[PDB]
> 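Here you can see BTA798 bound to Protein VP1.
Residue numbers start from 1 in every chain, and the chains themselves are labelled A, B, ... in the order their sequence lines are given, proteins ahead of strands. Start at 1 and go down the list; that is how both ligands and their atoms are numbered. Excerpt of entry shown; contacts counted in excerpt. Worth knowing before you read on, the calculation uses all heavy atoms, side chains too, and leaves out hydrogens, waters and symmetry mates.
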Amino acid sequence: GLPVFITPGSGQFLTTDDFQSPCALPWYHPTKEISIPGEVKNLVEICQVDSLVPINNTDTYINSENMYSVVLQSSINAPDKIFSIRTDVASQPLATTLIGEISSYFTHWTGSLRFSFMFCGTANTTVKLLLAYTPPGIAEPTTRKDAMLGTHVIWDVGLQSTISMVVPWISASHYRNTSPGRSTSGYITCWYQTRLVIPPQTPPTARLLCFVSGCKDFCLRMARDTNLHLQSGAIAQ
Amino acid sequence: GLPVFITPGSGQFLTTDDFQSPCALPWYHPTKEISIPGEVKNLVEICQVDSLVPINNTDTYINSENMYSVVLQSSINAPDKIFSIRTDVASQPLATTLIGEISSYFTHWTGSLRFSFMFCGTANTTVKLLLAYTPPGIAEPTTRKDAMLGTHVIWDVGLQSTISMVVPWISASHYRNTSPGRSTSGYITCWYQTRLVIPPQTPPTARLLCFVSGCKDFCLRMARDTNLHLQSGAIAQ
Amino acid sequence: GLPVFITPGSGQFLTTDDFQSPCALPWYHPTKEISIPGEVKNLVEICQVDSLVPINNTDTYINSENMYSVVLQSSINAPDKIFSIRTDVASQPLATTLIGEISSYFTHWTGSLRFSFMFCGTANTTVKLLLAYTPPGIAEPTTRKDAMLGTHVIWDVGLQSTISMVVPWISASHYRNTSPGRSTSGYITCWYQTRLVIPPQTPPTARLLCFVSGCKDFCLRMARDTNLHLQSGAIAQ
Amino acid sequence: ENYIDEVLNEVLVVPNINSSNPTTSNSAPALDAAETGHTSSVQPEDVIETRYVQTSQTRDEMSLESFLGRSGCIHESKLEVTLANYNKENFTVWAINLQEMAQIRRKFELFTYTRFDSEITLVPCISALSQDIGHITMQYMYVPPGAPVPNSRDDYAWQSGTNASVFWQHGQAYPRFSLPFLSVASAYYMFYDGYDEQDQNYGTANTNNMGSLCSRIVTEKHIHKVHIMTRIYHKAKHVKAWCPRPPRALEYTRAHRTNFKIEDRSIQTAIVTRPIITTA
Amino acid sequence: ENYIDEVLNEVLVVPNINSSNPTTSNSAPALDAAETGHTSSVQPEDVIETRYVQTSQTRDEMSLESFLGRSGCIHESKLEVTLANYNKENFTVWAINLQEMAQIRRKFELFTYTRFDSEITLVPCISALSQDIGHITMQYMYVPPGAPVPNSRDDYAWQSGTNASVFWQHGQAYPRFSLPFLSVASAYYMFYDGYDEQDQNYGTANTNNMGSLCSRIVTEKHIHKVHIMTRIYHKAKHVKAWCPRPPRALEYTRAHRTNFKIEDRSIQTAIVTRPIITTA
Amino acid sequence: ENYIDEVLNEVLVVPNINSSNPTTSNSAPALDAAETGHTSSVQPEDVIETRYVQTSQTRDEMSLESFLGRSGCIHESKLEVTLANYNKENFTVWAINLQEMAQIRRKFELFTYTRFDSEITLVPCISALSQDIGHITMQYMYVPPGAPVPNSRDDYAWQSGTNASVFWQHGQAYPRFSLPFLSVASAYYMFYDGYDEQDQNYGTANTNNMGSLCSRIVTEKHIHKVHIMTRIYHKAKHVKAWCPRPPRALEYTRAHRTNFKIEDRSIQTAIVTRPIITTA
Amino acid sequence: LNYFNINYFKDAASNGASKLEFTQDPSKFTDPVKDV
Amino acid sequence: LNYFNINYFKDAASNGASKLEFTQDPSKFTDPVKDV
Amino acid sequence: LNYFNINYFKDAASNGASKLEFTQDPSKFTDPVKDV
Amino acid sequence: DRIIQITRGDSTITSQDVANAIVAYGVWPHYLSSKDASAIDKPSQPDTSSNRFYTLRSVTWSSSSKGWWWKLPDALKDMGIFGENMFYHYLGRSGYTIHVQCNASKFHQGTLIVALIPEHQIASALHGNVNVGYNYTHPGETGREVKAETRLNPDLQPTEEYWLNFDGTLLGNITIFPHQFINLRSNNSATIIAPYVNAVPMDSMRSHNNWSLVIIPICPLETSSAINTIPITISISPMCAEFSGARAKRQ
Ligand SMILES: CCOc1noc2cc(OCCC3CCN(c4ccc(C)nn4)CC3)ccc12
Ligand SMILES: CCOc1noc2cc(OCCC3CCN(c4ccc(C)nn4)CC3)ccc12
Ligand SMILES: CCOc1noc2cc(OCCC3CCN(c4ccc(C)nn4)CC3)ccc12
């Protein structure tokens with residue numbers, strides 16, 4: 001018998017270990033793999049797909065589909081805010097989205113985010129909007145001037161419905177926390193660059209949709225259980 | 001003493017393990033092997049031998065030898081059913097047979113089955129029968145037309161008593177369950193293609209025997225205890 | 001610390017194991033071997049030496065030296081039995097002998113046995129005896145004819161006192177049990193081929209001695225504790 | 001060269017950000033149509049003047065193997081041991097599902113189909129209800145569909161002639177063993193849009209039927225009342241999965257069904273309401 | 001190249017199904033005579049137009065080694081420990097058979113002759129009948145035919161001078177050891193069509209007599225009443241078998257005899273009756 | 001080529017039986033004189049017409065190493081623990097002999113001289129006489145001739161500064177250790193035809209004096225009455241022996257003496273009487 | 001430096017966690033492009 | 001990949017489960033053919 | 001196949017059971033022959 | 001090509017309708033080799049005086065007959081030199097050619113199963129602690145008829161349950177044993193050649209029967225003919241028969 005010496009940790013069940021273990025079904029030969037389309041190798045494949053942000057989370061629109069669109073008015077000639085969003089990604093509203101829910105399965109955050117916007121108004125309706133990400137260490141911008149001084153994209157609605165802008169990863173440290181709580185990653189704020197113009201006899205109001213995905217940039221680390229789902233009771237057999 | 005670290009599972013008795021173990025009879029030299037005919041290396045060798053199916057399982061024929069034959073009548077001119085069988089192999093009636101009993105020692109099922117039929121009537125008696133396997137997702141065929149639309153063999157009794165037909169493995173998935181219970185593997189149904197014809201002064205009724213084996217096709221996996229045998233009391237010393 | 005996994009049997013004391021173990025007297029250098037005549041390497045060396053069989057085990061001769069000889073008479077002209085013996089080797093009477101006692105330390109039996117006989121009568125006395133081994137599946141032979149139909153040696157007393165005959169290993173299976181109890185290995189039976197003839201004025205009765213050893217043939221296996229010795233009380237310090 | 005590169009956890013790397021310059025052109029990469037069903041191709045360097053940064057970050061941890069490869073509880077079986085001739089009772093039976101505990105269920109339900117070998121790990125605990133405990137040994141036997149199901153602490157089926165059983169006794173460390181991927185098809189179904197032959201039981205109910213995990217206390221009749229609670233843990237090893245689906249938004253009602261509705265309770269997502277959309 | 005090919009469990013393969021075509025000929029492969037005692041040679045491709053399918057399936061698990069190579073219970077020995085000077089009693093004796101527990105018995109009785117080495121595994125459990133247990137050590141000694149059989153917890157034979165004994169004490173893990181194939185002939189007999197020298201005791205009784213397994217509690221007189229139940233488990237290693245027989249159809253009555261008849265009970269196979277044969 | 005040939009246990013082989021033919025000659029191999037002290041040379045083929053048989057049998061198991069190389073009990077030391085200030089008592093002392101237990105004694109007494117290394121294995125068992133046990137640790141010290149012999153559970157000699165001691169505590173597995181062949185001469189004497197300088201103490205008493213095995217309970221004064229029975233087991237390793245003697249025919253009376261006579265009991269061998277010699 | 005790994009068991013499934021191999025998309029989620 | 005195996009014991013029987021070798025019939029159950 | 005053996009200890013006696021070497025009589029028990 | 005002629009001794013058998021023939025377990029009978037042997041004496045091999053066709057007393061097949069069996073070497077107990085060689089030695093070994101013969105008309109129908117089963121250890125008739133008595137498994141050439149009657153000494157009798165193969169196993173799995181079917185419309189003879197088979201090189205011809213021949217009709221014999229009852233005849237020839245350990249004759 002070989003002299004051997006036992007070490008701290010032995011006997012212990014650690015959830016995240018990987019060790020070998022006798023197979024209970026020896027000699028069993030598993031079914032052929034076959035070809036199924038759409039294999040996922042890596043979670044980031046999902047974070048990289050456009051998901052719709054529940055931008056309108058008011059108590060009034062909550063459980064409808066209208067939570068997913070914002071409304072623009074021809075009634076307004078003005079530098080008015082339309083909406084704003086915390087940019088951290090496990091944050092509300094964006095936590096519900098693909099990239100959020102997944103980020104919510106990790107404790108660490110980094111990359112650039114791709115916000116794309118689709119204008120759903122009449123083919124003959126036109127507007128120019130300002131889309132702005134204001135970096136952290138300051139308050140959510142209260143005016144068009146204040147917002148525009150940051151990173152922005154002026155969007156002109158025309159033949160192509162859509163535009164994508166990006167919030168660069170700009171941060172003190174290489175990674176960020178998915179549940180920061182006090183610290184912010186910045187804001188993204190939408191304004192009227194001109195006005196929503198309409199012809200005769202066409203709807204005065206038009207909607208706007210909002211999407212997020214990650215860039216090549218994006219990465220998550222330190223896997224943790226998700227905060228966006230729970231089990232209250234017991235589950236029926 | 002070498003530093004070493006103990007792993008989950010240790011101490012455990014697992015029935016299906018194979019590890020080494022000191023021999024309690026060291027130096028003992030076992031008796032010569034010698035030649036005995038009929039070695040079996042692999043269980044499938046048995047599944048490949050024709051066994052007789054207890055095709056007539058009525059309460060009336062049960063514990064006799066007559067459970068093993070079916071009776072044909074010259075009295076009938078008609079497209080009549082003679083008998084039918086669930087085709088799953090751990091199923092009744094075929095569970096009792098070689099291939100069944102063995103399949104009953106595993107939980108998984110695949111291959112083609114070879115059903116052979118021997119006509120035991122007078123040398124001068126003649127008939128033509130239809131033998132049909134109707135694949136799953138439909139009900140046991142109620143009429144000759146309905147049955148014949150599936151995989152079949154029209155059998156003509158003549159000098160050679162016997163015919164073998166086969167139920168191809170035709171199934172959604174590569175393997176099936178030996179105890180499916182709700183799901184079926186299909187049916188095999190025997191009918192009169194013509195009529196049982198007889199000369200003067202020869203018995204009006206003739207019997208029919210039925211056999212199963214597996215084809216080169218056949219395989220079983222995931223060994224489990226058998227359902228076709230039990231121990232109620234205790235066994236005498 | 002190296003990941004390692006504990007196996008069924010561990011912790012156990014098995015009498016027949018051989019494993020290493022720390023020496024409690026490290027560095028100790030044992031005394032020179034020297035030459036002593038008569039080393040034994042293997043137990044069979046002993047089984048191969050002639051031992052005297054206690055052929056006369058009657059209650060009347062028991063604890064004497066006379067248990068070891070048989071008596072021949074000039075008074076008899078006849079095909080009379082002289083004595084007989086069970087041939088199994090752990091059997092009575094031969095269990096007491098070298099080869100028996102040792103066979104009694106194993107559970108398995110095989111080989112040929114060498115029975116040698118020494119005639120102790122007067123130099124001028126003469127006889128011819130029949131020595132017979134009757135193989136199993138039949139009863140101990142009751143008559144000279146019955147005995148002689150088996151394997152035999154007709155022995156003629158003359159200048160050389162002794163003769164050796166052998167019971168061939170003849171058996172169903174390669175080995176036999178040293179404690180068979182119901183099954184027999186056969187018998188060995190001694191008869192008068194002629195008569196014990198004497199001159200004038202010489203003792204009318206003469207003795208006969210009987211020996212056993214094993215042949216090159218012989219082997220024992222599966223070591224077990226002996227049945228020919230016990231410990232009733234305790235042994236004094 | 002892959003014993004090294006994965007010891008500091010660096011195979012699978014994230015691209016660098018390149019420097020970028022003032023653009024003036026007819027090429028509008030920021031402008032696409034999301035109507036196509038295609039996610040935009042724009043990268044930071046396309047819409048803003050960026051610097052060169054060498055990105056050291058790693059996707060290893062985000063791999064399917066990292067994510068499913070942690071064990072979590074899939075079942076809790078309580079054995080309340082009675083002494084009413086002790087043999088009529090005192091056994092668990094559990095039909096085997098990844099579906100009765102929400103945390104791991106949500107994770108695998110991120111995909112439509114999944115395939116993998118399994119590491120089952122056991123954590124038995126004896127709650128002592130008498131002055132003492134004594135010697136408790138337990139048996140866990142896997143009883144695949146069709147195998148004889150034990151009806152008493154008694155019955156022959158614990159002989160486990162061909163079944164796999166694993167034994168635990170008080171003081172022994174947590175049992176563990178591995179399973180090979182067990183489905184009859186090429187992958188496990190996390191969702192099923194179909195019914196049985198009888199046109200009933202919508203859903204996963206139909207697909208993966210692994211049979212049952214049966215527990216029994218094996219130590220013979222004795223005097224101490226105890227409870228034994230063995231918790232079952234499951235790690236996925238060697239994993240592939242296909243067809244990502246959106247993540248479960250609501251509490252789980254029932255196994256093998258997507259039913260979300262609950263009695264006399266408002267239907268409640270994890271989204272959180274705001275007073276007004278111009279303020280974050 | 002066989003460390004690899006058996007790690008994914010692929011030596012021993014199943015043939016492919018070839019494509020097949022409309023046949024018109026005097027060659028009737030479907031037509032044979034089963035009177036010959038020969039099983040038919042027909043294959044799917046012979047009687048039906050088949051496609052080409054590459055069969056990945058494996059017979060490994062169906063090998064004699066896989067099938068007999070799982071341990072199952074062959075004996076249960078209960079030791080009720082008394083204190084009536086404690087030394088007059090308190091030992092098991094068991095004559096060694098694969099014949100007293102039905103599950104493994106049925107399996108090996110699938111063949112006429114069998115040959116193999118054995119792995120015996122022990123599962124002792126102390127049922128505590130007093131307030132406590134204390135220190136229980138047990139001894140198990142193999143006592144081959146002819147060896148002195150212990151008559152008391154006392155007697156010298158537990159000295160085990162040349163016999164093999166194995167010790168267990170509470171808290172130690174399940175003992176295990178291996179045996180070499182022990183018969184005196186070339187294989188073990190599962191059935192025997194003959195009697196003893198005395199023309200008595202039909203059957204296996206005659207053939208394999210392994211002697212006995214003897215158990216004793218070795219801890220000296222003490223105060224706690226307990227029961228010790230050691231269950232014996234047996235795996236076959238290194239196996240060959242010959243002459244397959246049909247499988248046992250009925251419950252087992254007695255060891256070493258094929259007797260099936262039982263008192264005041266109908267003789268009951270595992271076949272199941274139908275109402276009528278034109279309906280499945 | 002000897003890692004292999006001894007794994008199936010085949011070095012040391014038995015000769016084949018050759019074919020033999022009808023003999024007619026002046027050469028009488030069956031005829032010898034056993035008066036010479038020589039065992040006969042006759043072989044089966046000499047006195048009977050034999051066939052050719054290839055003998056596969058093996059003498060390995062019959063080797064001196066196989067036969068002595070199994071451990072068996074040589075001593076049983078009971079320690080009854082008192083609490084009468086606990087330190088005045090509670091120690092074993094045993095003078096070391098292979099001579100106090102009959103089973104191994106008979107085996108080695110098959111030879112006149114023997115030589116070998118020893119493996120001592122311990123099987124301690126605590127018989128609990130109180131409601132409980134607590135923590136029992138034991139010490140076993142080898143005290144060679146001349147070393148100070150402990151007179152109390154107390155005394156300094158358990159310091160064991162140069163002596164070898166081995167410790168056991170409840171729950172620890174069976175202690176074991178090896179000894180090198182310890183005699184002062186070239187072999188151990190199983191028998192001695194001589195006396196001491198004083199012309200007294202006939203026999204083995206004189207020869208092998210190994211000193212003594214001393215046991216003590218080391219756990220300090222406590223409340224539970226217990227008994228500890230440590231049984232000593234001995235395997236011979238690396239063995240040679242010389243000059244075989246006939247095996248002991250009668251029960252053993254006393255150690256170190258061949259005395260067989262017992263008081264008021266008939267002197268009883270293992271031979272068994274017959275009614276008459278013409279019947280077996 | 002680097003690290004040592006052997007498989008101690010006869011069956012595939014006993015083996016520990018698999019090694020990682022590159023994302024190698026193809027872009028089939030983000031861009032399944034019929035005319036590229 | 002593949003796997004490592006050594007025998008740690010002196011006796012045949014101690015060794016673990018045997019390796020598999022081909023069915024290699026001959027057809028002696030299904031076709032023991034006197035004229036083939 | 002065959003089997004692996006190393007000695008783990010510094011002293012002769014610690015080593016396990018010895019290997020077997022041939023009977024090689026000489027016939028000194030059965031035939032110690034002064035004229036052969 | 002449905003013809004067969006087998007010549008064994010001074011004996012030659014002929015059948016004009018046969019189904020091939022079967023060689024048990026795919027091995028032809030042989031004499032016992034030097035490698036496998038145990039008994040070290042020179043075997044006696046009677047050759048033509050022993051390995052020849054011995055044909056036993058015939059049995060009658062009727063509308064009611066539910067089966068029969070014989071045991072080997074037992075059935076040959078009283079047959080010629082093979083018989084005598086059987087009781088003069090402890091040990092013997094032999095293979096056999098078994099030829100079962102039943103003929104009828106093209107106007108009869110019936111079907112027999114002819115099986116040769118190794119170590120056929122039958123079952124006691126009743127429950128509890130019974131066994132089967134030596135005499136009842138050693139009928140000689142006459143064999144056991146399955147009879148519905150009450151019998152002499154029932155605690156010693158074997159079961160009459162033939163569909164249980166007498167062994168407590170399902171008839172109709174009776175196939176994994178070497179067998180043929182005699183089916184009147186098709187054949188006339190059944191023929192089986194068997195090698196010695198046993199876990200030992202030679203055994204006792206007296207106390208152990210290596211084989212049992214069992215024929216039970218699985219298709220009842222039906223006819224409109226005047227002869228509604230026909231005989232089945234068994235002839236079996238030992239092959240490569242050898243004996244050893246000779247002594248006097250056991251009775
Ligand atoms: C003697 C020990 O036996 C066992 N104790 O605990 C055990 C646990 C076992 O299952 C292994 C993991 C499986 C669970 C089945 N499962 C699925 C399948 C389909 C769906 C829709 N959801 N989940 C996929 C993987 C198997 C055996 C034992
Ligand atoms: C110190 C430990 O001693 C033992 N404890 O438990 C043990 C179990 C043992 O048997 C090993 C397996 C054997 C059983 C005998 N057996 C047969 C033989 C013939 C028939 C007809 N049926 N079964 C074949 C294999 C041997 C020794 C011990
Ligand atoms: C700290 C442990 O110390 C010990 N515990 O148990 C022990 C046992 C020991 O003896 C080893 C075997 C010896 C016994 C002496 N013996 C003889 C010698 C002559 C005769 C005529 N008969 N037998 C030869 C071999 C030595 C030390 C300890």
> Okay, with a cut-off of 4.0 Å on heavy atoms, which other chains neighbour BTA798 (ligand 1)?
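Within the heavy-atom cut-off of 4.0 Å: D.
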> Which residues form the binding site of BTA798 (ligand 1) (heavy atoms under 4.0 Å)?
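Sure - by heavy atoms, that gives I96(D), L98(D), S118(D), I120(D), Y140(D), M141(D), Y142(D), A164(D), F177(D), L179(D), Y188(D), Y189(D), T204(D), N208(D), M210(D), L213(D), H234(D).
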